[PDB]
Every structure is written in C-alpha cells, then in structure tokens.
Amino acid sequence: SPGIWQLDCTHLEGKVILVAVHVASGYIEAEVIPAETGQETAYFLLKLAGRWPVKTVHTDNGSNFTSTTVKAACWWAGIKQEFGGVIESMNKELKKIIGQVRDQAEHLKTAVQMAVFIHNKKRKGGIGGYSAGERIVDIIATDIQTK
Amino acid sequence: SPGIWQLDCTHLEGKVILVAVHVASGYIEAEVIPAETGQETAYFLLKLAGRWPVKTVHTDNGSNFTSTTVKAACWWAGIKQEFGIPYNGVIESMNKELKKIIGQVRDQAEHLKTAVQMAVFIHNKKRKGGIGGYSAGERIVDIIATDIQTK
Amino acid sequence: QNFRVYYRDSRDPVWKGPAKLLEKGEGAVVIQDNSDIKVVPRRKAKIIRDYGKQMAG
Amino acid sequence: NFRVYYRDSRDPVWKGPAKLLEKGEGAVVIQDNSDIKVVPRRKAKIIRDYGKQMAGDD
Ligand SMILES: Cc1nc2c(c(C)c(C)n2Cc2cnn(C)c2)c(-c2ccc(Cl)cc2)c1[C@H](OC(C)(C)C)C(=O)O
Ligand SMILES: Cc1nc2c(c(C)c(C)n2Cc2cnn(C)c2)c(-c2ccc(Cl)cc2)c1[C@H](OC(C)(C)C)C(=O)O
Ligand SMILES: [Mg+2]
Ligand SMILES: [Mg+2]
C-alpha cells in the first residue's frame, strides 16, 4: 500500500506529459517528456523509484509501459508492474491547475511543475487538514516504524 | 531546518550534473542537465520544491544560481536564497559519496544520466553504518514527518 | 506586495530585475526599477507572482 | 538475480526479459519463452536486481 503508484500519459499543446500518482495519498509527480517512448518512461521510473519507495506500478497496455526498457528498470529497482480511477480523478485536478497557472509560464513544462507544486502543497480545508505532500510523508513514515 | 537544501553543479564525462542535498538528512537529488544555466537550474528548483518542502537553498555565487530565472523561481515558490560569502561544504561530503557510487555502477548503464539516477537510488536507500541502521531516504521522511506534527 | 517583474532594456539580451509592476497593458508594461519609470513592451516583460508561496503557507 | 535483453541478428526490436543460463567470455546463453539462444556480449544488455538488493521490502 505505501508503494502503490499509478502511471499514465496525457497530452497538452502537442506535448507528452507523464503522470505518476501515489494512490494512497493523491500525491503526484508529473513532467513533460520529449517523446512517449519506453526509453523516456524508464528514465522517469528510475528517478521516481530513487526518491520514493516504489513497490508496484499500475499502468495501461501502452507500448511505452510494456517496453523492455521499463521492464528492465522495474527488475533493477525491484518494482512489480500491474496492467489491470484515482489517476484520472487526480489528473483532472492537474489539468485544472495547469489551466489556472498557464499564463504565468512561457513553456508548458514550467506550468506543469507549477501545477504539481500547487497540487501537492494545497491543504485540505477543515479541521486537521493536510496536503497530499504531507499525506505521503506520513504514510511512508508510519510504514518505516512498523519494520 | 527541515527545508534547508544545498545545491551545486558537478561535472562528469563533459556533462553537467546538478546536485541538491537535504542538509539535515544527507538525502540527495541529482540529474544531468543539458547546460549549466539558470534556466535549467530554475526548472530543476521548481521540480524539487514541488516534491519536498524547500524553504532555503544554500548555493555558491555561480552564474546559474545567481541568475534572474532562479531568483524568480524562488520568489514564486517562496524559497529563501542564501548565497555563500565569496572566498569561502556539507554537500561535498555527500557529493564525494555520489561520485563513488556512480563509478561503481557506471558499467550498468549506457548513458551517464542513467548511472546518476542509479547512484541516487543506491545512495538514498543505503543504510548508514550497516543493515541495522537507517538510510537517507528514511531520515528525510522522519525529519519531515515529525516536523509536520509540530504545527 | 506580490509581484516582481523581469525585463530587457534596449537590445541587451540579459534580463534585468526584479522591478515593481505598475500596469500590464495590452502590448506594453509599465514598471519602475529603483526610482526609474520604464515602459517595456509586453514581449520584453516577464511578470512573476509569489503564487506558490500564497498556496503553501 | 539476472535478466538479459538482446537483439537477434539484423533485428532492431529488443527481446526479453530472457532468463540467463551462463555467461562466456563474449557471449551469453539465455532462454526466451523456452527457446535457448546464444547471443554475443555486444548485442546484450544484462540487468541485475542491483537496486532491489539495496532495498529490503516487499
Ligand atoms: C523560459 C523562461 N525564461 C525566463 C524566465 C524568467 C523569470 C526570465 C527572466 N526568463 C528569461 C531568461 C532566460 N534565460 N535567462 C537567464 C533569463 C522564466 C521563469 C518563469 C517563471 C518562473 Cl517562477 C521562473 C522562471 C522562464 C520559464 O522557464 C523556466 C524553465 C522555468 C526557466 C517559463 O516557462 O516561463
Ligand atoms: C539507453 C538504454 N537502452 C536500453 C536499455 C535496455 C534495458 C534496453 C533493451 N535498451 C535498448 C532499448 C532502447 N529503447 N528500447 C525500446 C530498447 C536501457 C536500460 C539499462 C538499465 C536499466 Cl535498469 C533500464 C534500462 C538503457 C538505459 O537508458 C535509459 C534512459 C534508462 C532507458 C541506459 O542508459 O543504459
Ligand atoms: Mg495511457
Ligand atoms: Mg558551484
């Protein structure tokens, strides 16, 4: 549960955005990639797995996610792949924020990182509200203590 | 204190590696950037600030770190910049171990940027002292988690 | 204050800033950099808000 | 502990993951879907779970 991620590709302004969502927290990481290829997807995964404890990734049957480069990265990093709606709901919120801040950036990739920033740090409103960035840190912290 | 980061640029095989180290934990984030410019540094910073609480960045007076693009990114993300005093290294301690791991796994990757991300992986998961110790990735999570509980 | 402007003067390619915003017109931006009023085309002006700071804490 | 990816002769599509059987001086013996092949060391990318060994969790 602490290491379950959903990955998918979305498209804006002719560019390819690779999105990773931590399922249990809603925390997201996203970046424009130069092409929707397995080579770029694998490099994305190696970065992600070196920063968060990635144990399982859920993707569709896209060619980039079934590539030999991605399967090798998952073998090297110890990631289990699963090709069987949190990402769609969270990505709809990412597209919402990208449109909010689009005029603040020249390049789309800059707006994407601005939107990722806002998404992960925006606290929930009421009593005891926390952000997605705070939720994933808490989830990983408690899993480490229960060694 | 939990949001203190040190950033510096290092070079390998003719390429520019931008390194960010979380001071309180030794957790590092590194990536090959196409040029040692403020434009690439600023994009690196916005990515980092969206992932971790980055409140203060310690850098030297390199042109990329003193650039207008970097200062604009810190103003947008609310990051305080702390440039070093000219004429004079905690990042060097972790950067020395970074180059050591890059050389250990360099043959495992065709591109240097892949070897760099492999080294970041191993550095952040390596338990300090031994199997009975903790890693940099666990230390930064513990530091941030307990800091969240304060407020 | 929440706005900081970066701009280019003349054909000097290096960007100057931060300057204070006064009005973002259609094809021109009015700024003041250290008691010096300047009128810069919208193309040569980049306005940066502390938007991420206002959405974090 | 070891997986190998390879290309057959004059075939640009990479094959794998193949199960490594033995490693020679400049060649490896691997098994891809119950088919055993001998691929040169030049056209072979050998990937071990090096990162998985430094990460103890499942
Ligand atoms: C393309 C770009 N050029 C910029 C700036 C700024 C402030 C200046 C003056 N310039 C001109 C320039 C180019 N080199 N130098 C030395 C000066 C920014 C920017 C916009 C918003 C934030 Cl918070 C931070 C930076 C960007 C952004 O791209 C990244 C990848 C982020 C750099 C973008 O997409 O708008
Ligand atoms: C350049 C490269 N090509 C690779 C692989 C693999 C396994 C194959 C078969 N190929 C040929 C290929 C290229 N596209 N496709 C569709 C097949 C890897 C690799 C090496 C180690 C790990 Cl753990 C993971 C991937 C890389 C690495 O680069 C990244 C950026 C990581 C992809 C690198 O730098 O070695
Ligand atoms: Mg898809
Ligand atoms: Mg330096």
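Simply put, chain letters go A, B, ... down the sequence lines. In chain A, numbers come from the PDB entry; the residues present are 57-140, 149-211, in order. Numbering of chain B is taken from the PDB entry, so the residues present carry the numbers 57-144, 149-211, in order. The residue numbers of chain C are those assigned by the PDB entry, with the residues present covering 221-277 sequentially. Sequence positions for chain D are given in the PDB entry numbering; the residues included correspond to 222-279, in order. Side-chain atoms are counted along with the backbone in the values below, which use heavy atoms only and exclude waters and symmetry mates. Note that ligands are numbered from 1 as they come in the structure, with each ligand's atoms numbered from 1 the same way. Quick check of the header: X-ray crystallography, 2.1 Å.
The name given to the drug at ligand 1 is pirmitegravir. The name UniProt gives to the main binding partner of pirmitegravir (ligand 1) in this structure is Integrase.
Every other chain with a heavy atom under 4.0 Å from pirmitegravir (ligand 1) is listed here: A, B, C.
Only the side chain of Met178(A) comes within 4.0 Å of pirmitegravir (ligand 1), counting heavy atoms alone; its backbone N, CA, C and O stay farther away.
Nearest protein neighbour of atom 30 (C) of pirmitegravir (ligand 1), counting heavy atoms only, is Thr174(A) OG1, 3.4 Å. Between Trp235(C) and pirmitegravir (ligand 1), not a single N/O pair is under 3.5 Å apart. Most residues of chain B touching pirmitegravir (ligand 1) map to the UniProt domain Integrase catalytic. For atom 12 (C) of pirmitegravir (ligand 1), the nearest protein heavy atom is under 4.0 Å away. Residue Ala129(B) places a heavy atom under 4.0 Å from pirmitegravir (ligand 1).
In this PDB entry, the source organism listed for chain B is Human immunodeficiency virus 1. The shortest separation from a heavy atom of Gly94(B) to pirmitegravir (ligand 1) is not under 4.0 Å, leaving the residue out of contact. Distances below 4.0 Å separate heavy atoms of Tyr99(B) from the following atoms of pirmitegravir (ligand 1): 30 (C).
For atom 35 (O) of pirmitegravir (ligand 1), the nearest protein heavy atom (residue, atom name, distance) is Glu170(A) N, 2.8 Å. Residue-level proximity to pirmitegravir (ligand 1) for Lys266(C) is carried by the side chain, the only part with a heavy atom below 4.0 angstrom.
Looking only at protein heavy atoms, the nearest one to atom 19 (C) of pirmitegravir (ligand 1) is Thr125(B) CG2, 4.9 Å. Among all non-hydrogen protein atoms, the one lying nearest atom 23 (Cl) of pirmitegravir (ligand 1) is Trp132(B) CB, 3.4 Å.
Residue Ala128(B) touches pirmitegravir (ligand 1) through backbone and side chain together, judged by heavy-atom distances below 4.0 Å. The residues lying within 4.0 Å of pirmitegravir (ligand 1), counted on heavy atoms, are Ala169(A), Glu170(A), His171(A), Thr174(A), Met178(A), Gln95(B), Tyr99(B), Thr124(B), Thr125(B), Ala128(B), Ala129(B), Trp132(B), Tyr226(C), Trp235(C), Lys266(C), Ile268(C).
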